Trainee: 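I'm reviewing an experimental structure with imatinib and have questions.
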Amino acid sequence: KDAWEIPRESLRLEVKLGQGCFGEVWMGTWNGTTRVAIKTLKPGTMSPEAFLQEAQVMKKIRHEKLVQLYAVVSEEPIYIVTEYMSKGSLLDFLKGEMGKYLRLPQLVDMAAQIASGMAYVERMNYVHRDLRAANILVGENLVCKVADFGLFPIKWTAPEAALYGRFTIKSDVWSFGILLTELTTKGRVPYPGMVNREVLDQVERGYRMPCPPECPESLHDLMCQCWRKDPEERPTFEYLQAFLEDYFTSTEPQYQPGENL
Ligand SMILES: Cc1ccc(NC(=O)c2ccc(CN3CCN(C)CC3)cc2)cc1Nc1nccc(-c2cccnc2)n1
């Protein structure tokens, strides 16, 4: 049978990390040596084949900025096993104890890594549909990987996708722009004070988030390209990656540290 299959005895579940109507998530050990994240399926909540769809996808994806599948147990009770990311979610990391020490340089490097991951998704002709800080994992050495915890996130979703169900890599680019604001505000909810309804009215009317405090205008400019009304006007993740990797030399060479960024 499949080469991803592992014996049940090789997986230890050590710390519960969350729950849902379809299962749970745990940190644990695989082969008594490898720390892992584990996703379970509640028997009786959702069909196995519908659940293992995710694992099937994850077998065909391989990239250093994508959370990596490690193994599965594909007879109920089901287990999906991936690499473990020591710092947890980008969102939690941004707003917690570490967040006070991150400046533009680390934050833009995180963005470039995320764009790199998304650029692979771009080349592979996949769509993400839920790119946001909550679906980014952080590891040692500020390593950031794209994940999908299957967690409507209107505030992160391109208008044409939210309104008309048109989800492309270009609506992923819009989400990335919103992700840029999470990075520069240390994980704050976008469109502060506005509910979903006003967000949709306002954005359709052409409103866009302002340059966050201490964020270089040139980075907010980039956010605004990600938020172009016309999907095809938005940049590629290939471009986004290259722009963020070169940012402090090509775009903002006179950058000087500040109080928060
Ligand atoms: C245990 C597991 C099982 C499945 C997944 N799957 C994904 O992360 C994922 C990523 C991309 C795709 C591709 N897909 C293309 C099509 N569109 C519509 C959706 C995305 C699918 C699944 C992750 C995990 N990992 C996981 N889950 C929850 C929490 C954590 C975690 C928490 C703290 C520290 N380290 C890890 N780790």
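The PDB entry numbering applies to chain A: residues 257-407, 424-533, in that order. Both ligands and their constituent atoms are indexed starting at 1 by order of listing. Atoms considered below: every heavy atom in the structure, side chains included; atoms not considered: hydrogens, waters and symmetry mates.
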Trainee: Would you mind finding the main macromolecule in contact with imatinib (ligand 1) and telling me what it's called in the PDB entry?
Mentor: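 It sits in most contact with Proto-oncogene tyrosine-protein kinase Src.
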Trainee: Hey, could you tell me which residues sit within 4.0 Å of imatinib (ligand 1)? Heavy atoms only, please.
Mentor: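 Residues with a heavy atom in range: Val281, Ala293, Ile294, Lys295, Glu310, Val313, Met314, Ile317, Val323, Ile336, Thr338, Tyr340, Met341, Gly344, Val383, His384, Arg385, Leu393, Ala403, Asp404, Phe405.
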Trainee: If you map the residues of chain A that touch imatinib (ligand 1) onto UniProt domains, which domain gets most of them?
Mentor: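 Most contacts sit in UniProt domain Protein kinase.
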Trainee: Tell me the protein heavy atom at minimum distance from atom 29 (C) of imatinib (ligand 1), and give that distance in Å.
Mentor: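 Nearest neighbour among protein heavy atoms for atom 29 (C) of imatinib (ligand 1), to 0.1 Å: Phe405 CE2, 3.5 Å.
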Trainee: Report, in ascending order of atom number, the atoms of imatinib (ligand 1) lying under 4.0 Å from any heavy atom of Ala403.
Mentor: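 With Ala403 as reference, the close atoms of imatinib (ligand 1) come out as 8 (O), 10 (C).
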Trainee: As an exercise, identify every atom of imatinib (ligand 1) less than 4.0 angstrom from a heavy atom of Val281.
Mentor: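 Numbered from 1, imatinib (ligand 1) contributes 28 (C), 29 (C).
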Trainee: Taking 4.0 angstrom as the limit and counting only heavy atoms of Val323, give me the atoms of imatinib (ligand 1) inside it, by number and element.
Mentor: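 Those atoms are 7 (C), 8 (O).
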Trainee: Relative to the heavy atoms of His384, which atoms of imatinib (ligand 1) are at a distance of less than 4.0 Å?
Mentor: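 The list of qualifying atoms is 17 (N), 18 (C), 19 (C).
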Trainee: Mark up the atoms of imatinib (ligand 1) that fall under 4.0 Å of a heavy atom belonging to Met341, in ascending order.
Mentor: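 What qualifies from imatinib (ligand 1) is 33 (C), 34 (C), 35 (N), 36 (C).
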Trainee: Could you say whether the N/O atoms of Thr338 and imatinib (ligand 1) ever approach to under 3.5 Å?
Mentor: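 Yes, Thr338 has an N/O under 3.5 Å of an N/O on imatinib (ligand 1).
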Trainee: What I want to know is whether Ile317 and imatinib (ligand 1) share at least one N or O pair that is separated by under 3.5 angstrom.
Mentor: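 There is no such contact.
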Trainee: Could you tell which UniProt active-site residue in chain A is nearest to imatinib (ligand 1) and give the heavy-atom distance to 1 Å?
Mentor: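 Among UniProt active-site residues, the nearest by heavy atoms is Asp386, 6 Å.
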Trainee: Give the atom numbers and elements of imatinib (ligand 1) that come within less than 4.0 Å of a heavy atom of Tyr340.
Mentor: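 Imatinib (ligand 1) atoms under the 4.0 Å threshold to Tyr340: 33 (C), 34 (C), 35 (N), 36 (C).
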Trainee: Which atoms of imatinib (ligand 1) are found less than 4.0 Å from any heavy atom of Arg385?
Mentor: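 Answer for imatinib (ligand 1): 18 (C).
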Trainee: Number the atoms of imatinib (ligand 1) from 1 as they appear, then name those within less than 4.0 Å of a heavy atom of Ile294, with their elements.
Mentor: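 Going through imatinib (ligand 1) atom by atom, the ones under 4.0 Å from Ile294 are 1 (C).
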Trainee: Give me the UniProt-annotated ATP-binding residues in chain A that sit with a heavy atom under 4.0 Å from imatinib (ligand 1).
Mentor: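 From UniProt's list, the heavy-atom cut-off leaves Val281, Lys295.
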Trainee: Ignoring angles and geometry beyond distance, decide whether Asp404 reaches within less than 3.5 Å of imatinib (ligand 1) through its nitrogen or oxygen atoms.
Mentor: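 Checking imatinib (ligand 1) against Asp404, an N or O pair does fall under 3.5 Å apart.
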